[PDB]
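Structure first, commentary second.
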Amino acid sequence: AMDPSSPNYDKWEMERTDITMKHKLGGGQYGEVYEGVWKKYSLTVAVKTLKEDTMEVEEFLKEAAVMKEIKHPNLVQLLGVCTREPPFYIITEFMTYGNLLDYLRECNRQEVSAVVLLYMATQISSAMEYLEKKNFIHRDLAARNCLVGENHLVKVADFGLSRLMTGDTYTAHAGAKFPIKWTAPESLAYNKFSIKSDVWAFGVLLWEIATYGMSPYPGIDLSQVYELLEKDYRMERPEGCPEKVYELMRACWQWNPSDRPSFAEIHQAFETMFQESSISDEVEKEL
Ligand SMILES: Cc1ccc(NC(=O)c2ccc(CN3CCN(C)CC3)cc2)cc1Nc1nccc(-c2cccnc2)n1
Ligand SMILES: [Cl-]
């Protein structure tokens, strides 16, 4: 596939010996993803590989194919693949600060101020606006699936955490493992996923951002979440959150999917949200 004249030529295919494989990334909270070094550039990269004899070879190849079709500053950047023969690799850039959820929980709040949180939320909506217009659905948007780079740059990723994750984030539901607290009602009850269920998840992600990474619906048992949501319960405006930001969360959590804003509308909302007063002024007024 590396031969220019070949009808099977793929500019993404690269020589895997160009990469030095290091240890598994983030301990193992990403599964078979390893830190690697692209020798020629002395560049640290992230390398996703396939688990020992699994039946997700087609899903792996499908993911590689989809990544070749997307290019956006806020989506993890594909650097190359090694899929001509085993072992299959998907290589992407390495993001210095790791996942957004841990970053929010461990950051210097003086640096990562309300302005920066808004910037992070806006960048995420930009990536989703892109996927939206290209007719893609994310299906598992949450802070744990976003990465943070230099200067608070945020990129939306998809680590296929469903089964890798430990703890209560993902629980048994509809024959699969669902991160219930980020799942839209129609997804929970009718297994219907769409860009609108991503919007509902984005609203939960916005709440994660606004609380520096608190876990949603704290103290509520998952077995009562649907009934509560059906009777219009929603997490209250969190401490210090600007009213306008909370209104956007509420819009994302409309019961009817069709009533939720598009990501294009969400991104625009962010860009013009604080034209009469700054978010800093609102976070003071609120407190
Ligand atoms: C090495 C790799 C291989 C594949 C991917 N893939 C994606 O991140 C991704 C994002 C969006 C889509 C779009 N897709 C559309 C269809 N729907 C259903 C799912 C989403 C697909 C793949 C990322 C990576 N990068 C990655 N993976 C795990 C951890 C890290 C990582 C960790 C710490 C610091 N820097 C990087 N980096
Ligand atoms: Cl899709």
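Residue indices begin at 1 and follow the sequence shown. Note that ligands are numbered from 1 as they come in the structure, with each ligand's atoms numbered from 1 the same way. Only this structure's heavy atoms are used, side chains among them; waters, hydrogens and symmetry mates stay out.
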Original post:
If you rank chains by how many heavy-atom contacts each makes with ligand 1, which has the most, and what name does UniProt give it?
Top reply: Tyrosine-protein kinase ABL1
Original post:
For ligand 1, what drug is listed?
Top reply: imatinib
Subject >> UniProt ATP-binding residues of chain A with a heavy atom under 4.0 Å from imatinib >> reply: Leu25, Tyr30, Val33, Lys48, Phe94, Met95
Original post:
Where the closest heavy atom to atom 16 (C) of imatinib is concerned, which of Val66, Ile137, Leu131 has it?
Top reply: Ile137
Original post:
Closest non-hydrogen protein atom to atom 12 (C) of imatinib, residue and atom name please, with distance?
Top reply: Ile70 CD1, 4.1 Å
Original post:
Which of the numbered atoms in imatinib are below 4.0 angstrom from a heavy atom of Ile90?
Top reply: 1 (C), 3 (C), 4 (C)
**OP:** Identify the protein heavy atom lying closest to atom 37 (N) of imatinib, giving its residue, its atom name and the separation to 0.1 Å.
**Re:** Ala46 CB, 3.6 Å
Original post:
Could you tell which UniProt active-site residue in chain A is nearest to imatinib and give the heavy-atom distance to 1 Å?
Top reply: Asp140, 6 Å
**OP:** May I ask you to list the atoms of imatinib that are less than 4.0 angstrom from any heavy atom of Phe94?
**Re:** 34 (C), 35 (N)
Subject >> Any N or O of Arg139 closer than 3.5 Å to N or O of imatinib >> reply: no
Original post:
N/O of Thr92 under 3.5 Å from N/O of imatinib, yes or no?
Top reply: yes
**OP:** Measure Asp158 to imatinib on non-hydrogen atoms and call it side chain, backbone, both or neither using the 4.0 Å cut-off.
**Re:** both
Subject >> Mode of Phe159 contact toward imatinib - side chain, backbone, both, neither (heavy atoms, under 4.0 Å) >> reply: side chain
Original post:
Which of the other ligands and ions shown lie less than 4.0 Å away from imatinib?
Top reply: ligand 2 (chloride ion)
Original post:
What is the nearest protein non-hydrogen atom to atom 6 (N) of imatinib, stated with its residue, atom name and distance?
Top reply: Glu63 OE2, 2.8 Å
Original post:
If hydrogens are left out, which of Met95, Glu32, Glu59, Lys134 has an atom nearest to atom 35 (N) of imatinib, that is, the closest non-hydrogen atom?
Top reply: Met95
**OP:** Please name the UniProt domain of chain A carrying most of the interface with imatinib.
**Re:** Protein kinase
Original post:
When you look for heavy atoms under 4.0 Å from imatinib, do you find them on the side chain of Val33, its backbone, both, or neither?
Top reply: side chain
**OP:** With heavy atoms of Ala157 as the reference, note each atom of imatinib found under 4.0 Å away.
**Re:** 8 (O), 10 (C)
Subject >> Per-atom contacts of imatinib with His138, taking only distances under 4.0 Å to non-hydrogen atoms >> reply: 17 (N), 18 (C), 19 (C), 20 (C)
Subject >> Residues near imatinib, heavy-atom distance under 4.0 Å >> reply: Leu25, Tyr30, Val33, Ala46, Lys48, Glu63, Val66, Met67, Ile70, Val76, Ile90, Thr92, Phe94, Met95, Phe136, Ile137, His138, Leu147, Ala157, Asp158, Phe159
